[PDB]
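Depicted below, adriforant in association with Histamine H4 receptor.
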Amino acid sequence: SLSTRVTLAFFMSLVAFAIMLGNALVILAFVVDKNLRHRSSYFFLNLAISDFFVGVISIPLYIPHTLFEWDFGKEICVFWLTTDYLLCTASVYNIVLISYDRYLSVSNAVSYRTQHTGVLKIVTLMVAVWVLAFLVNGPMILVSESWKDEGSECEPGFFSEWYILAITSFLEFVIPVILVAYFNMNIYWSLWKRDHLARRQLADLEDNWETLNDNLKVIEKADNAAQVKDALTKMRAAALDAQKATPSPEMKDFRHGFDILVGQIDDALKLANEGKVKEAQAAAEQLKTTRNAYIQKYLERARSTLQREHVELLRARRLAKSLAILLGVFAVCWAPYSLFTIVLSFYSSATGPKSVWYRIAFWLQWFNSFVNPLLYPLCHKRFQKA
Amino acid sequence: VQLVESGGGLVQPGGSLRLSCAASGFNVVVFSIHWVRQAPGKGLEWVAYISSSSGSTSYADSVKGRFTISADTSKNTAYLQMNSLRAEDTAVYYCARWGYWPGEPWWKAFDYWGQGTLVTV
Amino acid sequence: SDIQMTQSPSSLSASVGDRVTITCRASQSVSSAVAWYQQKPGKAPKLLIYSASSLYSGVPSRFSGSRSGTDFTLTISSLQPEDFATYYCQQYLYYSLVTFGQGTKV
Ligand SMILES: CN[C@@H]1CCN(c2cc(NCC3CC3)nc(N)n2)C1
């Protein structure tokens, strides 16, 4: 109706104001608190900035186009479409950049985490990310939108041509999903291998320690039946198995301590092995001086290392789940558009792309950007507290 | 190095038999010597161990009580004497070298075996 | 007690140039203390695989081995006329704990 245009324009203005307020609050929480300015926040800022410009550009300029009468030129219309692609693809490309940074920080942690690269490239990536979207969306459709008819002006002219639509669909969405999944799988597999070797090696060390303690308990309660050799045989085996569990001077500290321990057990055994009448009352107590002084350091140190690997695994799992739910929301919002333009390309001359659901789809992509700052504080609750 | 044996011969049951193992260049104190017997057409069987250092001698389960092994560092040789033979010790005796615990000498044991000697009861 | 070394094969025959796998086990767990030896009629036993999976200088790479728990494996990928002899397993966990295996004829 005639009165519906004003109501829809007011609703669109309210939605744009809400999006702008959310993004401004996110930017303020970023710029005020200096704690969220590390590597874990440089590649996340554009996710709250680019889409922000959408609320300033896409939603308002759409009002004269639909609610009011079209009073803008074609150049203005193109620029709007241009902002729409640049700011849109920027989100998924920043997600890809975050995934690549995490892959470099986890897979190449032996060199990147130990020695961080210069920051002069960080911004060099960020802006490039934007221009990347341009190189994907800027020129191509510009060459293919050369149509004379003015029907569906700010609808892209490169439609109804299934080849470019199919190619772009893949580049904009499928290719990013691949890179993100590859990086996440590499990170998870590397961390599982780092923890599996640790879990097994620490379990083997604990089993050897438990066996050495059970044998030493019997050694302390020596029997008159010359049972020292039967208990020490097991003790020697335990020591030799725990000695070969490699976690340099630090390795020599560990190895030498074990060598001493094995030599102490070897001399303790001598009395029983010789068959000499005197076993010196099973004098292998001195092992307690070596058990709690030399080999205790690694028994405590390696345990802490396993704990470090586990927290890291939980943090990587949280980050992977966050990236996964972000990509899932993006896909759920983007798919209705891709399912209403490459399947309806068979007929587009008259009333083909003109329908309610297609307009709803256009809104849905904008909505992805509306909920983006709503689900952004879900990753870090600092914004919520501040 | 070759640990040659020169105690080949035939003895009567219960009589004393003397064997000799000689080092061919390696110090006997830095490397202990172990004896292993092999019955004709049977598996290898351990006999005894001698160390010129720490003076530790250990015998097997079935040969203890009638075997005496002694090593002189100056002679660089090891002598094994069988005080009593019960017709079950008829075998070929070899002497091989063993390494002490520190380092790779332990992990590599029983290398550079000797030709052997025939002991018939 | 005396740890017993059981060699699973006792007699085996294979064509020249085939895979031969010999298995040895011990009652009590041993850690890299089982070595493989080769004896020919009229010669002395020779060390080939020491430790658990490693070769001493003087033996070609064809001879190999592996360890898993208390199971030790001798793997000969390529047979040749020279390598036909009895193979013995030997545990050297201690000086007074030496126990040779049964022996496998190849
Ligand atoms: C702008 N609302 C929807 C949301 C998803 N969508 C795009 C736009 C684009 N370029 C912008 C230009 C309009 C064609 N490129 C890709 N890959 N998706 C437009």
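Chains: lettered A, B, ... by order of sequence lines. Residues 11-207, 378-427, 437-575, in that order, are what chain A shows, numbered as in the PDB entry. The numbering of chain B matches the PDB entry: 5-125, in order. For chain C, we keep the numbers from the PDB entry: what you see runs 1-106, in order. If you're wondering, the header gives electron microscopy, 3.6 Å. Whatever order the structure lists ligands and atoms in, that order sets their numbers, starting from 1. FYI, side chains are in, hydrogens and waters are out, and symmetry mates aren't considered; it's all heavy atoms of this structure.
Lab note: other chains with heavy atoms under 4.0 Å from adriforant -> A. Numbering the transmembrane segments of chain A from the N terminus per UniProt gives, for a heavy atom under 4.0 Å from adriforant, the result 3, 4, 5, 7.
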